[PDB]
Visitor: 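Below you will find the structure I want to go over with you.
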Amino acid sequence: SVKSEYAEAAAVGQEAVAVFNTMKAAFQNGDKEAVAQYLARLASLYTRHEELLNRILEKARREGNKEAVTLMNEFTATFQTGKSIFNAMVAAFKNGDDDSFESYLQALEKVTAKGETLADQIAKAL
Ligand SMILES: COc1ccc(-n2nc(C(N)=O)c3c2C(=O)N(c2ccc(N4CCCCC4=O)cc2)CC3)cc1
């Protein structure tokens, strides 16, 4: 169903949030090897989430669930804002620009919060 597909995508998103927190702690602790590994993990999780979201979006659209589609489109906008920030943060990491990296972390926390509430709203609209 839309609900079961939603729960699959939710578990991928929940992993992405948890991995981000572990990555951030590694950065603060100076473990750059770990930061690099977790950035690569996040890149793959974001790709997977995008793939899952698009399939759910089209099913909800065919089902005439206009509210869920509207909320999914809002979530995509926040998620893609975060993805673009993430890509710039990966560049800052490999360039050793730690002040840029810190600024991006702050921006990603704000985007993540917007996506967390939208994710809750999507579940209610199903
Ligand atoms: C079909 O559409 C969705 C959308 C979202 C969910 N979904 N459900 C839950 C939940 N029910 O717990 C969660 C999510 C999710 O995706 N979450 C998330 C992942 C990633 C970001 N980030 C990280 C940094 C880059 C930007 C960005 O947006 C933000 C939020 C929060 C947890 C299911 C289905």
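Residue numbers count from 1 along this sequence. Just so it is clear, the values below take in all heavy atoms, side chains as well, and ignore hydrogens, waters and symmetry mates. First listed ligand is number 1; within each ligand, the first listed atom is number 1.
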Visitor: Which of the following drugs is at ligand 1: palazestrant, gepotidacin, minocycline, apixaban, doxazosin?
Guide: apixaban
Visitor: Which chain forms the chief contact surface with apixaban, and what is its name in the PDB entry?
Guide: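 It has the most contacts with De novo designed ABLE.
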Visitor: What protein heavy atom lies closest to atom 32 (C) of apixaban? Include the residue and the distance to one decimal.
Guide: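 Among all protein heavy atoms, the one nearest atom 32 (C) of apixaban is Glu116 OE1, 3.5 Å.
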Visitor: Quick one: nearest non-hydrogen protein atom to atom 15 (C) of apixaban, plus distance?
Guide: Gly13 CA, 3.8 Å
Visitor: Any idea which atoms of apixaban are less than 4.0 Å away from a heavy-atom of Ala119?
Guide: 5 (C), 6 (C), 7 (N), 8 (N), 9 (C), 13 (C), 14 (C)
Visitor: Using a 4.0 Å cutoff against the non-hydrogen atoms of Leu53, which atoms of apixaban qualify?
Guide: 2 (O)
Visitor: Got the closest protein heavy atom to atom 11 (N) of apixaban, with its distance?
Guide: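 Answer for atom 11 (N) of apixaban: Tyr6 OH, 3.0 Å.
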Visitor: Which residue supplies the protein heavy atom nearest to atom 27 (C) of apixaban, what is that atom called, and how far is it?
Guide: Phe79 CD1, 3.7 Å
